[PDB]
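Sequence lines set the chain letters: A, B, ... in the order given, protein chains first and strands last, and positions in each chain run from 1. Quick note: numbers below take in every heavy atom, side chains included, and nothing from hydrogens, waters or symmetry partners. Just so you know, ligand 1 is whichever comes first in the structure, and atom 1 is the first atom listed for that ligand.
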Amino acid sequence: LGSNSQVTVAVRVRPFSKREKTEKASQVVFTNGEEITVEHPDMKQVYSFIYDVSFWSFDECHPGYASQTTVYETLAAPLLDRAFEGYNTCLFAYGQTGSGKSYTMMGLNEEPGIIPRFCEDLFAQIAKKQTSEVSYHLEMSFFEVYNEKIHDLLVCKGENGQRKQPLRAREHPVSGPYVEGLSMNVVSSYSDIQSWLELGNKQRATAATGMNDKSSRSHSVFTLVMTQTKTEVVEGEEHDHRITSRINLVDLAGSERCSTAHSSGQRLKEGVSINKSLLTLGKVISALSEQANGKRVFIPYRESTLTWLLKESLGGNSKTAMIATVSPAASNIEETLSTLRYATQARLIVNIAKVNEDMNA
Amino acid sequence: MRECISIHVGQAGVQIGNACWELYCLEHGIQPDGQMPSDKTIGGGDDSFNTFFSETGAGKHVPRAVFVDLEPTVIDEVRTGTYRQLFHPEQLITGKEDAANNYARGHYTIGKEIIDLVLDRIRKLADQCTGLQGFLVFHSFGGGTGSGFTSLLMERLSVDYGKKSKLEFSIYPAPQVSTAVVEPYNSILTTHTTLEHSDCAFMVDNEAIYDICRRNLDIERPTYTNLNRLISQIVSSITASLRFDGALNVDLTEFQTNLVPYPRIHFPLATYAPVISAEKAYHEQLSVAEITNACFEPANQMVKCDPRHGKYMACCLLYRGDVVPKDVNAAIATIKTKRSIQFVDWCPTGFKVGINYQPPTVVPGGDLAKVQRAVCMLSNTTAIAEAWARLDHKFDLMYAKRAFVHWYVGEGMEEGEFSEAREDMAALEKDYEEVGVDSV
Amino acid sequence: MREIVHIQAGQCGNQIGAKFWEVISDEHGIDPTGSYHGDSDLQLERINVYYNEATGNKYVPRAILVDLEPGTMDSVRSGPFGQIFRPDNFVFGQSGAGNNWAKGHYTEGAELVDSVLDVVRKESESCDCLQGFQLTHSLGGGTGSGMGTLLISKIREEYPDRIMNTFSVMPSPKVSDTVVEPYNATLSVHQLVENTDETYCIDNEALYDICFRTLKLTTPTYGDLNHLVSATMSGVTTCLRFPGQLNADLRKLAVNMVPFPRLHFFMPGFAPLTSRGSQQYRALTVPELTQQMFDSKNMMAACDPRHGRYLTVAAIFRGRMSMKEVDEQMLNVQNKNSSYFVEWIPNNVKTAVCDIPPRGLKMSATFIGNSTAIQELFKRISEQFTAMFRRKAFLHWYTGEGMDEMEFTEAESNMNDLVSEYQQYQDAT
Ligand SMILES: CC(=O)O[C@H]1C(=O)[C@@]2(C)[C@H]([C@H](OC(=O)c3ccccc3)[C@]3(O)C[C@H](OC(=O)[C@H](O)[C@@H](NC(=O)c4ccccc4)c4ccccc4)C(C)=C1C3(C)C)[C@]1(OC(C)=O)CO[C@@H]1C[C@@H]2O
Ligand SMILES: Nc1nc2c(ncn2[C@@H]2O[C@H](COP(=O)(O)OP(=O)(O)OP(=O)(O)O)[C@@H](O)[C@H]2O)c(=O)[nH]1
Ligand SMILES: Nc1ncnc2c1ncn2[C@@H]1O[C@H](COP(=O)(O)OP(=O)(O)NP(=O)(O)O)[C@@H](O)[C@H]1O
Ligand SMILES: Nc1nc2c(ncn2[C@@H]2O[C@H](COP(=O)(O)OP(=O)(O)O)[C@@H](O)[C@H]2O)c(=O)[nH]1
Ligand SMILES: [Mg+2]
Ligand SMILES: [Mg+2]
């Protein structure tokens, strides 16, 4: 039961952002096809990083320009086809503030990302195969992590200044962790998800910071549980054995220094928490890589809240994916190396994913 | 008029300051109350010089100090002690929230509530000065205050003043002795911010002074008082040219141009050789040659480093008392011949020299002797590459596992600012093997 | 000025607290009537830490008593140093915990913790600068463990930039004094591992062995055990009350002792401790104290440092002394006994030294160690549990007050994770 699965990792550069364009920034990152190289202004050394997929979005006519409908067909479409057999899947995004992860996963209204492509193509891939034989169920929830406190986003918050009930996490002995109080809503068509995402993202705690005009101050997790009830050789009752898959799509917050992102008051108090969570989302990658060499180790999952929920996603039973977004300016050289040196770590994680099927009993 | 503003950060800085001002006040005659009888004994003069003191119309001579710290268990000992009627009540203690031995707390969170006031007091001290030469920050690598708050102040003053020396005496971390598990981090994080503003960062280690006291004074139980007194003597010898008259007088801009070849190798070592009991005061001639050779003795350094694992690159030698010049030139000739004291191919001179006519003071209840010829040396070597490498390795054994960083992130620091401060020190350690490579 | 709010939950907590106030008052010069009758002036300068000034230069401590039975409240208020507290801070109730963790966190602490937090809000909003908290309790019962864990959670939600130091009397291997110890302790560990910054693990068997061997006592009561514990509690927080050459408050120690936010359970230890007769046959110097504090027989946590590796150690000296001898001795400990420390921390020690020693001593010292031996304690609690939970030994008295089996599995899993985190650093890298 189960198979070895190298964790999938992809890298992606963003075109020069407006503020750095006003500063007249020097390009530092280059792509020799697949391999990325980073040259300093110092040019004292030249680090090189190798990955499995290397996108490019600097300018729209370079040969090799991976658009929003290219980071699907190379990264997320395998995750979609791997969740038809039954394997659990994940796709989560690392980077710094302004590196472009909330533009890749969710896109913008005219440029949609992976969530809309995934969902609408899935429903396009369901009505192409759905018959009277095997059913197709889909539920979905959408939660966030704000200052070490889980919150739901599809809970229409009304008449108070703090309609923001803090939920909690718990550990099931077999099914692993789970959130208590999580609205798990049912969907049938893409027209049902667009009204949830439309409400969820309006609830996600965004703010205005020096790095970019709309900066997320939260990690967001987006679930889809798809169970297909199959029929096959039996004695009597059919529609019994069913294969279940859990697709989690995660959009994180960013490294954010206090100088580069002018902030005080409350902005600085959630900045710390993003940083502590992403300080622990590094230990979990580093120490899981150190398992590949036989070296016995402990993965500090419980040091934070996000890496406690996404615990079966990094290791565990999940075919996972790390999209790694990095800026091309020289002002963002002391933080792009940090992103890419963790992306190269993530590729070495071997996790065992197994098709999930339970016979009626 | 020459003037220098001595700033004293942290417990170590304040205690060195206490020793320093005890020493200066004995040297001039100004008493702890602030009064100067010597203006009323003979008829007048400049008995306590306005470089390191001020004047008030009633006759209270008042120092040019600031005495910053973020825990009140130390400045409140000054307010309550012998030197209470001397200092100005604006001693810029917070009362609150020590820096917890992390850079983050003293640089961004608990160090932003007092720096806007330090600059006010320094402005008030500098606007009342006709000719300002520089600063003298006395801090300690290892803690949060003396690592972070100094870095912040030295970034604000670099903007405000800019064309002024910003020298800094520091308690360098030892290889073996330590009082914290976080000194490597703090030091690496500090140099990053002070390899760009500061202009000469003088260093000492407490292990070196322990061993000095042991071998040269017969003290087997030395405390911080006796250490800080030797530091006070170094601070008197580096300042003796501004407060006295002598033959060769080295202003504080005459070090910056003679010891810092390149703008990043500005970490000189210090030493003060005639450390002697009253016992060995007799049975010693205590001449120039004996000292000058004693100052290049490895077992008479104030930093745990071997001078023979590098090459010298500059030396400034400052004497006090009955020193004639050719007693020096004979000695520099004695040192320019010895194969052990090895200099670079690009600095043949390397022997800046100063002389002064006021001998050293000695405090009662002290562990030092009355000497008519005191000496200090400020050297610039390639030996401290190994100390910096040791700190680099201490760091690298911990940042591998990201230990203690959740206590720095907590108070305003990202995790990419540790890798950005480790690269600069590697570049420096490479700029210490770029200099010992002989030219063609 | 730095300031601490002391809370005393349960019989153990209130007794140790009373003993601690009897010690701090002796140290600062306070009579039971709150009046100052001291000799020095270094007592009043930093009296805001533990005390508050009332009317006529009378001093009232910032104690917040708490309990569910009113039996130890009256033991205090009738006691010698009990008329110094504030009657509106003797929060109590009825309907004791029954040595049930359910009763203390869900039923009879849910009905009383709001009052305690009102007193906390009042004593914390009456402060220039707060440094943290200090709760004494007892893993093994319901009042201390339950109510204190809940209080810690509510405070660490309300005051999260502040310390929550906790002084805990853990259960002992050989003998039990309460029959449901493992469950209560496991739940309290589930609550404290996630909501503290420094925990000090005390065990009564270790104190018994101290009192029998070192102090050569024949009839040692609990007042003696608390006279030992009060001492080190005093010493953790003396560089906030007295001056010195190296000063180390609570946050410094938490930064220099906790490498990772979970491994903040420490073996405490005291210094000079000697037989009443055999003190003239001994010297009073730093080496004597360094070899008295780094020993197995002078700890309190019932755990052998020789069966582990010290991740950290901290040493708070009190007395006029040299720091050469301090640094040299701590280095000698790091060098000789190298196999009892960690490689990837180059210096595994912290040294704090102060100037004013205790009432009739010239040299005291206080040891706070973080070692990989503590897991054994937890290991035992993860074994007894497994024998009681695999058959549901006394579990219907926990379900019957609003609890579920999931809350036991979680705690077990987390305590075992803590053991594994202490264990991976027990090898040679
Ligand atoms: C001639 C002399 O010096 O008497 C000493 C003494 O000889 C010994 C026996 C004391 C004695 O301590 C004990 O007997 C003891 C009994 C049970 C549990 C713990 C201790 C002493 O009682 C303890 C007491 O220690 C103190 O005075 C401290 O202030 C101590 N006192 C209290 O806590 C205290 C408690 C209640 C009421 C009044 C004071 C203290 C320790 C830490 C922090 C603050 C205070 C002193 C001097 C002694 C005696 C009296 C024999 C020793 O203990 C301490 C804590 O220092 C035992 O070893 C030390 C020093 C000596 O060996
Ligand atoms: N020479 C000398 N060194 C000292 C003295 N006091 C402390 N140090 C050294 O300074 C190091 C850091 O401690 P501190 O300087 O007191 O820390 P700080 O700068 O005051 O910052 P805080 O931690 O916030 O108090 C210690 O590790 C000691 O080695 C002193 O009196 N003399
Ligand atoms: N590949 C791209 N092409 C064009 N524009 C992009 C691209 N990637 C990012 N951007 C723009 O960059 C801006 C910042 O993107 P955003 O996704 O908000 O970064 P971020 O990581 O979400 N900030 P934060 O959430 O605080 O980390 C957006 O307005 C995007 O339009
Ligand atoms: N040191 C000390 N320990 C005590 C005392 N009373 C009880 N204990 C310990 O505390 C545990 C029981 O805690 P208990 O006081 O009953 O908690 P509570 O009933 O919920 O308040 C046992 O393991 C005892 O060893 C005391 O006075 N001193
Ligand atoms: Mg975002
Ligand atoms: Mg201090």
Okay, contact question: for ligand 1, which chain racks up the most heavy-atom pairs under 4.5 Å? Name from the PDB entry, please.
Tubulin beta-2B chain
Name the drug or drug candidate found at ligand 1.
Taxol
Which other chains are in heavy-atom contact with Taxol at under 4.0 Å?
C
Contacting atoms of Taxol, where contact means under 4.0 angstrom from a heavy atom of C:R359
27 (O), 29 (O)
Okay, what organism does the entry have down for chain C?
Sus scrofa
Show me which atoms of Taxol lie under 4.0 Å from any heavy atom of C:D26.
38 (C), 39 (C)
Of all the atoms in Taxol, which lie at a distance below 4.0 Å from a heavy atom belonging to C:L273?
58 (O)
What part of C:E27, side chain, backbone, both or neither, has a heavy atom within less than 4.0 angstrom of Taxol?
side chain
Once you restrict to heavy atoms under 4.0 Å, what part of C:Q279 touches Taxol? Side chain, backbone, both or neither.
side chain
Closer than 4.0 Å to some heavy atom of C:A231 - which atoms of Taxol meet that?
42 (C)
For Taxol, find out whether one of its N or O atoms is nearer than 3.5 Å to an N or O atom of C:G360.
yes
Atom indices of Taxol within 4.0 angstrom of C:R276 heavy atoms, with elements:
14 (O), 22 (O), 51 (C)
At less than 4.0 angstrom from any non-hydrogen atom of C:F270, what atoms of Taxol do you find?
42 (C), 55 (C)
Does only the side chain of C:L225 get under 4.0 Å from Taxol, or the backbone, or both, or neither? Count heavy atoms.
neither
Which residues lie closer than 4.0 Å to Taxol by heavy-atom distance?
C:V23, C:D26, C:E27, C:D224, C:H227, C:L228, C:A231, C:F270, C:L273, C:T274, C:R276, C:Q279, C:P358, C:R359, C:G360, C:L361
